[PDB]
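Numbers restart at 1 for each chain; the letters A, B, ... are given by sequence-line order, proteins then strands. This entry, so its header tells us, was determined using X-ray crystallography, 2.3 Å. Note that these values count all heavy atoms, side chains included, but never hydrogens, waters or copies made by symmetry. For ligands, and for the atoms within them, numbers begin at 1 and follow the listed sequence. Part of the entry, not all of it, is on display, and contacts are counted within that displayed part.
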Amino acid sequence: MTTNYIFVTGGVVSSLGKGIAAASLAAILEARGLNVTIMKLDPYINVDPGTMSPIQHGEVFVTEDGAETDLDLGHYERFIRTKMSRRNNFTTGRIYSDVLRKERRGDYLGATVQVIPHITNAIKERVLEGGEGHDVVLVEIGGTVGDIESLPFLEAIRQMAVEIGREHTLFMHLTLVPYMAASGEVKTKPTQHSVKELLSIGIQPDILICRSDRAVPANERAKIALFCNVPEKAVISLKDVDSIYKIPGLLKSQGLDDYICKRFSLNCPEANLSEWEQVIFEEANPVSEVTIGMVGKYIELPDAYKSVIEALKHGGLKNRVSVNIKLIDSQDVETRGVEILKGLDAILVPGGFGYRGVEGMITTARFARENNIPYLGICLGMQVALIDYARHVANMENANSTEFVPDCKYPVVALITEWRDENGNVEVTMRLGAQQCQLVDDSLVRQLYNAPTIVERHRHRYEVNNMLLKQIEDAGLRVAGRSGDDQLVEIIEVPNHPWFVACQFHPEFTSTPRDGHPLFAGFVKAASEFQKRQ
Amino acid sequence: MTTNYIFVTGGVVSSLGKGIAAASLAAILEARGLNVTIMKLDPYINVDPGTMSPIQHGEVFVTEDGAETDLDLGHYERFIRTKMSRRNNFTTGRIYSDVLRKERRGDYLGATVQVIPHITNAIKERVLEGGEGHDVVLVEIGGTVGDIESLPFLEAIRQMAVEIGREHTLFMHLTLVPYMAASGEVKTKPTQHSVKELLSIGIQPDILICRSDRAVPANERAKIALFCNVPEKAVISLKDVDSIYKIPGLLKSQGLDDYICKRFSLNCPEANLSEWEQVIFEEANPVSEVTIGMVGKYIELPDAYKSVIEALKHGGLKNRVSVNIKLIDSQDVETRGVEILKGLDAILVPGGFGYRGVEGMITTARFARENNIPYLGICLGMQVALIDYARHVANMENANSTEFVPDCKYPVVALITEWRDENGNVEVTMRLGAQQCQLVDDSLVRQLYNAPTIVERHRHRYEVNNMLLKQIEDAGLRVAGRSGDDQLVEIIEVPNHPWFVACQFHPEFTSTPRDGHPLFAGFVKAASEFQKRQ
Amino acid sequence: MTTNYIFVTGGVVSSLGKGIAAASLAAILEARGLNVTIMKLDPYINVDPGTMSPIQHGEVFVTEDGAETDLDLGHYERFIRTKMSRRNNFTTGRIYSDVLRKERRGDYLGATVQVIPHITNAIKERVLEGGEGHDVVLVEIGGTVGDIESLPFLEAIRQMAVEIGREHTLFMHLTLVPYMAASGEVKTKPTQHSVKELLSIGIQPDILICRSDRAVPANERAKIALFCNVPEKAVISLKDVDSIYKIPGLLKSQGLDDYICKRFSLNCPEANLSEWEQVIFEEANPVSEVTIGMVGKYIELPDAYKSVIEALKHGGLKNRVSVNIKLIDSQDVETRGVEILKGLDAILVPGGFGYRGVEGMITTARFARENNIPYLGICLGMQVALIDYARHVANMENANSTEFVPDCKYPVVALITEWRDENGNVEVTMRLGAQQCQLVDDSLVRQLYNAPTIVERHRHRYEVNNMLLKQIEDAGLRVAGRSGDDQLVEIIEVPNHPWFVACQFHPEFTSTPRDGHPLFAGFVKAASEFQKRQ
Ligand SMILES: Nc1ccn([C@@H]2O[C@H](COP(=O)(O)OP(=O)(O)OP(=O)(O)O)[C@@H](O)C2(F)F)c(=O)n1
Ligand SMILES: Nc1ccn([C@@H]2O[C@H](COP(=O)(O)OP(=O)(O)OP(=O)(O)O)[C@@H](O)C2(F)F)c(=O)n1
Ligand SMILES: Nc1ccn([C@@H]2O[C@H](COP(=O)(O)OP(=O)(O)OP(=O)(O)O)[C@@H](O)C2(F)F)c(=O)n1
């Protein structure tokens with residue numbers, strides 16, 4: 001049991017799919033019975049993505065231990081079974097924070113603290129912490145080789161390779177081999193210049209992953225093999241694909257996992273990708289089609305809802321339904337009205353913070369409730385469902401969250417500390433990661449999950465006000481799930497409806513293409529049944 | 001009034017004297033009536049030198065505003081009259097701290113924080129903050145061009161030069177032009193390779209400062225001029241010198257200040273270096289010689305006492321005395337005895353923290369007191385003087401500091417909060433920077449300073465215990481200076497002695513070669529008078 | 001067995017002694033019974049040094065096959081017994097000539113001829129041609145790594161290392177580790193930046209040879225070992241020495257030959273350096289001293305007479321005489337007269353072309369003959385001796401060479417085709433390399449060489465005119481050596497003299513420190529005997 005490291009770097013351009021490639025290779029190695037994990041080194045100065053806005057960087061992924069991480073850890077969990085944690089993602093910001101704090105504690109004992117060895121040591125420690133206890137660890141280095149921002153990471157992993165040796169380390173380098181119409185060929189010159197930059201910081205690549213908008217022919221792979229001084233079988237073609245689920249198969253067909261198993265002296269059986277073959281087959285052969293509207297406030301960057309979009313596609317796979325996801329701005333509902341929600345087979349309202357676009361989401365939940373259009377609300381999606389039912393069925397005028405209108409008459413959503421009733425009477429912190437939720441018997445979700453208890457991941461501050469709940473319950477709404485000693489509301493259902501479910505937790509973070517998700521499967525099934533009735 | 005910047009970089013090796021060169025050039029420009037200042041950008045991760053050990057990095061310099069800074073700010077204050085502050089020195093550590101904290105306050109508004117532009121912006125802001133309000137600002141970049149650690153600094157100052165323009169910015173690059181016996185010539189090839197590294201990060205030097213162990217001939221300067229595409233008058237020879245006081249004259253004689261005044265369109269009169277000429281003359285023509293023992297715990301790196309060594313040399317200049325400074329380990333006095341203090345014309349005990357070597361310093365103060373050898377104690381040097389006089393004249397057995405022996409019977413030195421008497425009765429934070437001190441009339445120091453009040457700089461925690469003082473005063477010791485509402489003891493004198501003075505403050509930080517220092521002048525005079533009597 | 005290659009490169013500066021170090025290592029390896037050779041790759045565009053002026057490049061060394069080569073091949077032959085040929089030296093000029101010629105002969109079959117692979121292939125072919133059939137081949141790359149001029153050489157040897165493998169190739173990189181008074185240490189930073197330059201062109205050094213004006217301490221070699229990822233025993237200190245004969249011993253004492261033999265899996269006995277120890281002992285323990293004047297037209301650059309200066313030193317070793325070589329400009333004899341030839345124990349006039357300073361050499365030959373000062377003339381040195389004698393003893397007025405005065409009455413020196421007598425009556429180009437010479441009985445040289453025939457190396461056009469020889473022989477001059485069918489004069493003597501010999505050939509090219517040379521041994525012995533008589 002000696003841990004092996006595959007360092008995954010990128011050259012020429014940023015957007016090579018380093019994460020997908022690492023995840024896809026991990027999927028193959030896992031399918032050979034190996035204990036594998038992946039970690040992402042981000043060269044940004046942000047301590048973590050907690051502060052980073054959804055419409056700049058994309059969604060904040062949440063691990064079961066409650067870490068706020070890069071959305072790439074979503075790819076990782078959707079390609080391998082090994083659970084991600086805080087240890088599988090860190091930034092330059094985290095590393096400098098670690099070192100600045102170690103300096104205050106006087107751990108450096110009056111020494112001058114330097115990029116080498118102090119910053120590089122801190123990086124190596126975190127890679128080893130995340131890596132050890134595994135057969136193979138894939139380490140994705142963010143950025144493009146040659147840029148300033150990744151130089152400490154590259155020096156760190158260069159040092160690791162010298163210490164551990166070439167028997168238990170590989171350098172896998174993604175590169176752009178672009179097509180020029182003028183020459184009618186793909187061009188290796190960018191790979192030549194990129195590999196030279198890599199050599200100049202003391203890294204020799206073992207494996208070249210050649211990204212292009214078409215196949216990189218054997219002739220160009222042979223050229224790249226010579227000038228990089230690697231075997232031709234270590235030069236892999238990875239053309240643009242219509243589905244990332246095909247990538248493990250494409251890499252296996254070129255023997256990449258065989259090459260890695262030989263270099264690391266791992267005797268393991270052939271990769272069984274039958275689950276991926278099944279996923280590819282399902283995706284290629286949908287029986288029917290549905291249009292599902294996603295109504296939120298961050299649609300200007302789709303990656304803001306990355307895991308939700310994937311969870312809907314997984315819902316499609318399990319029902320053999322093709323899902324046409326229509327991203328709709330909730331502010332457009334406020335101004336233009338509910339005319340833009342017409343022609344939808346189902347409606348999803350995903351998570352969010354701040355009041356901008358929330359009123360449109362409340363109107364959207366009303367439209368879906370009154371017109372019997374299948375509805376799934378996630379976090380904020382549950383809040384607007386509760387506000388709708390409180391306002392329009394329990395006749396609680398201007399019911400809202402304390403997040404949006406702090407001094408509202410009926411704060412049906414509020415922090416536990418803010419909980420008050422309509423007269424101002426009282427009783428007597430971000431919830432993050434995995435928590436057990438108890439499901440109410442005879443509820444739709446109890447049926448779908450087929451268990452009394454489930455584990456789903458949170459990222460929210462504002463809870464359902466239990467002081468105003470019974471009034472909403474008596475007006476017809478049903479509590480389907482609860483959690484903890486405070487008996488916090490986790491899931492609500494509207495029963496006089498074909499399919500209406502809203503949850504506080506983020507089920508999208510537990511959905512995979514191979515195992516799907518009970519809520520998303522149920523939701524997409526309802527969308528199909530609705531479409532058939534029209 | 002448009003502020004001009006001279007960016008001072010170094011190539012080939014670290015130890016080119018970038019600070020001395022910057023300070024020496026500043027001295028010339030100041031002697032032309034210009035408002036000039038200097039700042040040091042350090043690529044270490046240490047938030048500031050406060051934590052850095054004296055026997056690794058050298059002395060912690062203290063500005064009047066109480067900043068703990070690089071010893072280079074000592075060079076700056078000894079070459080120009082412009083006072084240094086916190087703004088004239090910052091590290092990579094400070095810059096990352098600034099940015100990490102701005103991220104928490106949400107000043108970046110959900111943006112991805114990047115080396116460019118966020119780290120480079122933070123660097124530019126601090127350079128502008130320290131620079132603006134001056135005719136010429138010299139910005140010393142620590143490190144060697146081509147190293148990772150200085151890349152953000154070099155990108156920052158490259159950006160500044162583009163924005164401000166070539167009319168108000170210059171790049172001054174120090175380089176090594178070494179002599180090879182084999183070729184019998186100095187070699188420009190290192191300068192060629194260094195300048196290429198500079199070009200590759202988008203900086204073209206305006207001025208080449210050629211360091212060698214001998215003159216760089218016109219022939220080699222002409223070669224460097226062509227391959228750097230600068231005028232030959234912008235290629236300066238700076239050979240190894242026996243005295244740094246000569247460097248302003250050597251640079252002026254090659255027209256460097258004329259070149260800078262033309263490039264910045266500054267019409268100012270010829271530099272009057274008559275004060276530097278006087279310093280050089282004094283240093284070259286000492287009338288007599290003295291041996292002064294410096295007894296401390298950090299002698300293994302002389303730079304630990306950099307400003308004290310310079311202050312003694314300045315004492316020599318003002319008395320026309322050559323001072324032979326003998327660095328003596330205080331632990332050698334503890335083991336080998338006072339035999340190693342023989343042949344000294346005077347004794348100095350400088351500042352320090354921790355008990356290691358303190359007992360030797362107490363014995364050293366006793367030797368100097370009993371044998372009438374001129375004594376100067378600085379900070380710890382005053383503590384061991386008080387402990388000596390308390391133990392051996394006031395018969396206070398085992399009198400000590402609470403820093404060294406917390407539960408001692410007579411804590412003659414302690415924190416204000418720890419102040420107790422011998423029976424345990426009571427009454428009823430690092431002191432940093434400039435503080436007014438009141439001088440007692442008929443004291444030696446009142447005579448030397450010739451003023452009732454002085455301003456000197458502190459760097460100490462532990463004070464003289466005023467509860468045990470009167471007992472030491474009545475045993476003959478005299479309080480010569482005090483400060484503040486707590487009437488803290490700043491200066492003590494033993495009067496039955498030719499010259500015995502010890503101060504809490506660090507007078508070495510206010511000494512210059514041009515103006516000297518009253519205490520050091522008096523001390524070195526006493527050392528000469530003692531030597532004549534033997 | 002498989003031929004092993006040591007590629008010898010240089011960083012930081014040109015003048016590291018790459019040739020001396022390669023030659024000194026070859027001497028250690030030859031002493032271990034290995035078959036070793038050395039070759040020099042010069043990045044100049046000159047087809048060969050035959051065109052290059054001696055005051056620009058230094059001496060044109062001549063191999064036994066008549067090749068005009070770099071003076072480094074003189075170092076090679078003075079350290080190893082392996083004979084150099086045309087194959088042991090080529091330039092970029094030769095490589096481009098090779099390729100341009102092959103192109104016109106249609107050898108490339110209408111292909112585009114490129115730096116890679118056509119120029120690099122031509123370099124590799126010539127390195128193999130000189131190397132194959134030896135145990136170890138040392139390949140010296142001229143220039144400084146990072147310069148444009150050496151990039152094709154470095155790419156060629158990089159390719160060879162990939163093909164041949166790490167089992168039979170080593171990269172030995174010389175670097176400058178300069179001392180700084182400011183730091184009181186030698187600086188590894190230039191080696192750091194030079195090695196980064198090597199890595200960027202795809203070469204990893206195996207051995208670092210650290211040049212400095214002093215020993216590079218264990219601490220500094222340890223830093224270099226870590227940065228370069230080489231073992232500490234592969235980092236060698238080579239300080240400046242008084243004698244190059246010590247360098248084999250300094251390298252052996254640090255185990256360099258052991259490391260090379262281990263890497264190449266050569267089992268050979270320990271080196272016995274007794275021959276070098278003896279040379280060092282002889283050099284360190286002279287018995288008497290002499291001053292020998294070398295009177296020529298190229299003294300501006302001493303390396304113009306590299307092999308002659310070394311031959312005189314070797315003559316010193318054999319006689320236990322310390323030789324003070326005084327370089328005298330022959331043009332100074334024309335202006336200031338024979339005043340400057342005073343206090344010389346012997347006179348040597350070396351080789352040269354063109355009339356400038358020749359009349360000064362004729363005056364010098366006359367001075368030495370008339371005042372019985374031991375004389376050795378080489379090539380031009382023989383011409384001026386023959387001219388002196390013809391003019392001043394045989395009374396042949398204005399006797400000269402057709403090279404200098406084509407239409408002179410008495411062309412005593414002239415081309416074979418030009419041979420005429422005083423009346424203009426006739427009979428019915430460059431000589432290069434080793435030729436047999438027949439020595440005359442009862443001549444001084446017949447005794448000294450102790451053989452009837454000798455082999456010496458030529459580089460000359462103009463011969464002794466046989467049509468005017470008889471007349472000069474009748475006047476007392478003796479012919480001591482002849483060659484070929486034309487019976488060309490090789491050696492002349494003046495018997496009415498303690499020691500007066502002059503030869504057409506260059507005896508300095510067959511002199512070594514271990515074996516010496518009979519002519520130079522005799523010349524220095526005569527200079528000693530003359531000094532004792534004064
Ligand atoms: N380090 C190097 C490497 C190569 N070349 C030169 O590069 C030239 C070939 O460059 P091309 O015509 O663009 O072709 P290609 O390299 O195959 O690149 P692509 O895959 O994008 O088509 C040779 O003359 C050379 F000479 F080989 C060079 O000058 N320096
Ligand atoms: N970028 C460059 C610049 C120069 N050179 C080549 O560098 C060679 C000259 O290098 P030297 O003999 O060491 O001399 P020097 O440069 O004056 O350096 P020093 O001052 O240390 O003596 C030319 O043939 C060249 F060709 F000019 C080069 O190949 N690439
Ligand atoms: N590629 C590199 C390598 C090092 N350094 C930085 O280089 C700094 C140390 O450089 P020094 O003080 O000049 O010392 P030295 O390297 O031992 O060189 P010498 O042997 O000439 O004294 C570290 O802070 C660093 F950070 F390690 C760097 O920034 N980039």
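- The drug assigned to ligand 3 in the PDB is gemcitabine triphosphate.
- In the deposited model, the macromolecule with the most close contacts to gemcitabine triphosphate (ligand 3) is named by UniProt as CTP synthase.
- Every other chain with a heavy atom under 4.0 Å from gemcitabine triphosphate (ligand 3) is listed here: A, B, C.
- Of the UniProt active-site residues in chain B, the closest to gemcitabine triphosphate (ligand 3) by non-hydrogen distance (1 Å) is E508(B), 25 Å.
- The closest protein non-hydrogen atom to atom 25 (C) of gemcitabine triphosphate (ligand 3) is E149(B) OE1, 3.6 Å.
- Restricting to residues UniProt lists as binding UTP in chain B, the heavy-atom distances under 4.0 Å from gemcitabine triphosphate (ligand 3) involve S14(B).
- For a threshold of 3.5 Å applied to N or O pairs, the pair formed by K223(C) and gemcitabine triphosphate (ligand 3) contains at least one separation below that value.
- The PDB lists the organism for chain B as Escherichia coli.
- Residue contact annotation: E155(A) has no non-hydrogen atom under 4.0 Å from gemcitabine triphosphate (ligand 3).
- The nearest non-hydrogen atom to atom 4 (C) of gemcitabine triphosphate (ligand 3), considering only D42(B), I119(A), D147(B), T120(A), comes from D147(B).
- Taking each of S14(B), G143(B), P190(C), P152(A) in turn, the one with a heavy atom nearest to atom 12 (O) of gemcitabine triphosphate (ligand 3) proves to be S14(B).
- Any N or O atom pair closer than 3.5 Å counts here, and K187(C) shares at least one such pair with gemcitabine triphosphate (ligand 3).
- Residue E185(C) does not touch gemcitabine triphosphate (ligand 3), judged by heavy-atom distances below 4.0 Å.
- Distances below 4.0 Å separate heavy atoms of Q114(A) from the following atoms of gemcitabine triphosphate (ligand 3): 23 (C), 24 (O), 26 (F).
- Judged by heavy-atom distance, the UniProt CTP-binding residues in chain B that approach gemcitabine triphosphate (ligand 3) within 4.0 Å amount to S14(B), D147(B), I148(B), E149(B).
- For gemcitabine triphosphate (ligand 3), the residues with heavy atoms nearer than 4.0 Å are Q114(A), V115(A), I116(A), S14(B), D147(B), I148(B), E149(B), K187(C), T188(C), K189(C), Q192(C), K223(C).
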